[PDB]
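Overview of a structure with ABT-263.
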Amino acid sequence: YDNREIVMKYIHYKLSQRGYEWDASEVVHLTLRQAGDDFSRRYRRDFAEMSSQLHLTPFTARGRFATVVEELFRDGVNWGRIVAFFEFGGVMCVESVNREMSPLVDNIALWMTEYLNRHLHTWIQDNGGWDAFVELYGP
Ligand SMILES: CC1(C)CCC(c2ccc(Cl)cc2)=C(CN2CCN(c3ccc(C(=O)NS(=O)(=O)c4ccc(N[C@H](CCN5CCOCC5)CSc5ccccc5)c(S(=O)(=O)C(F)(F)F)c4)cc3)CC2)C1
């Protein structure tokens, strides 16, 4: 499955729900959206803390993203951390819009796509690909 499309559909949906029409395998997209909503409710303190402590500006966004992503996957990968990675990118995009720095969304989407293609892709494929994530979540 194309990771770039997965990132784009995911971010696009999150922003559209804030009235922001961003100028940017259906089961996979819907499943990821649901798993991410579940993650953010089940781990609300983490979600809420990250959201309020970003201190996001165009000068720091890339460094904050790199730092958090390296910390997230430090002890290895699992599907829950992959969902957390998407929700973190979503928090970054959402905060960028809230702070009137919406152009950052494009950079964020690229960094997410790159990290998936360069660092998560092998793990994902070794686990059977996104079909495995779909099965695990249900469908
Ligand atoms: C260092 C740093 C600061 C870095 C940055 C950062 C951070 C801070 C803010 C933000 Cl915003 C982002 C990141 C943190 C914060 N940290 C990040 C990691 N966090 C994790 C917490 C739990 C797991 C886990 O549990 N991982 S797991 O064991 O692999 C597993 C288990 C169950 C399910 N899904 C089930 C679904 C069951 N069905 C539902 C449908 O009805 C049928 C039954 C439950 S919902 C569900 C439950 C959990 C996850 C997703 C969905 C899935 S999953 O959905 O991915 C699936 F199923 F595999 F697909 C996978 C992995 C990591 C904890 C908090 C730390």
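Chain A is numbered as in the PDB entry; the shown residues are, in order, 7-30, 87-201. For ligands, and for the atoms within them, numbers begin at 1 and follow the listed sequence.
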Could you tell me the main partner of ABT-263 here, using whatever name the PDB entry has for it? Apoptosis regulator Bcl-2
Got a protein heavy atom sitting under 4.0 Å from atom 42 (C) of ABT-263? yes
Return the option from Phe195, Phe150, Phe148 holding the heavy atom at the smallest distance from atom 53 (S) of ABT-263. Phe195
Closest candidate by heavy atom, reference atom 10 (C) of ABT-263, pool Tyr105, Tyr199, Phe101, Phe135: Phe101
Going by the atom numbers of ABT-263, which of them fall below 4.0 Å from some non-hydrogen atom of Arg143? 61 (C), 62 (C)
Which is closest to atom 58 (F) of ABT-263 in terms of heavy atoms, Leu198, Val196, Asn189? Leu198
Which heavy atom of the protein is the closest neighbour of atom 5 (C) of ABT-263, given with residue, atom name and distance? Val130 CG1, 3.8 Å
Look up atom 28 (O) of ABT-263 and tell me if a protein heavy atom lies less than 4.0 Å from it? no
Please list the nearest protein heavy atom to atom 8 (C) of ABT-263 with its residue and the distance rounded to 0.1 Å. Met112 CE, 3.8 Å
Counting only non-hydrogen atoms of the protein, does one fall under 4.0 Å from atom 2 (C) of ABT-263? no
I'd like to check atom 14 (C) of ABT-263 in this structure: does the protein have a heavy atom lying under 4.0 Å from it? no
Would you mind checking which non-hydrogen protein atom is closest to atom 44 (C) of ABT-263, with the distance to 0.1 Å? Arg104 NH1, 3.4 Å
Given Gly151, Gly142, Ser102, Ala146, which one has a non-hydrogen atom that is nearest to atom 30 (C) of ABT-263? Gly142
Nearest candidate to atom 17 (C) of ABT-263, where distance is taken over non-hydrogen atoms, out of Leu134, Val131, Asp108: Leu134
Which residue and heavy atom of the protein sit nearest atom 51 (C) of ABT-263, plus the separation: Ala97 O, 3.6 Å
For atom 32 (C) of ABT-263, is the nearest protein heavy atom closer than 4.0 Å? no
Protein heavy atoms near atom 35 (C) of ABT-263, is at least one of them under 4.0 angstrom away? no
Tell me the organism the entry assigns to chain A. Homo sapiens
Binding site of ABT-263, heavy atoms under 4.0 Å: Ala97, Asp100, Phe101, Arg104, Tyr105, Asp108, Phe109, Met112, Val130, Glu133, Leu134, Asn140, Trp141, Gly142, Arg143, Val145, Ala146, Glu149, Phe150, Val153, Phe195, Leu198, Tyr199
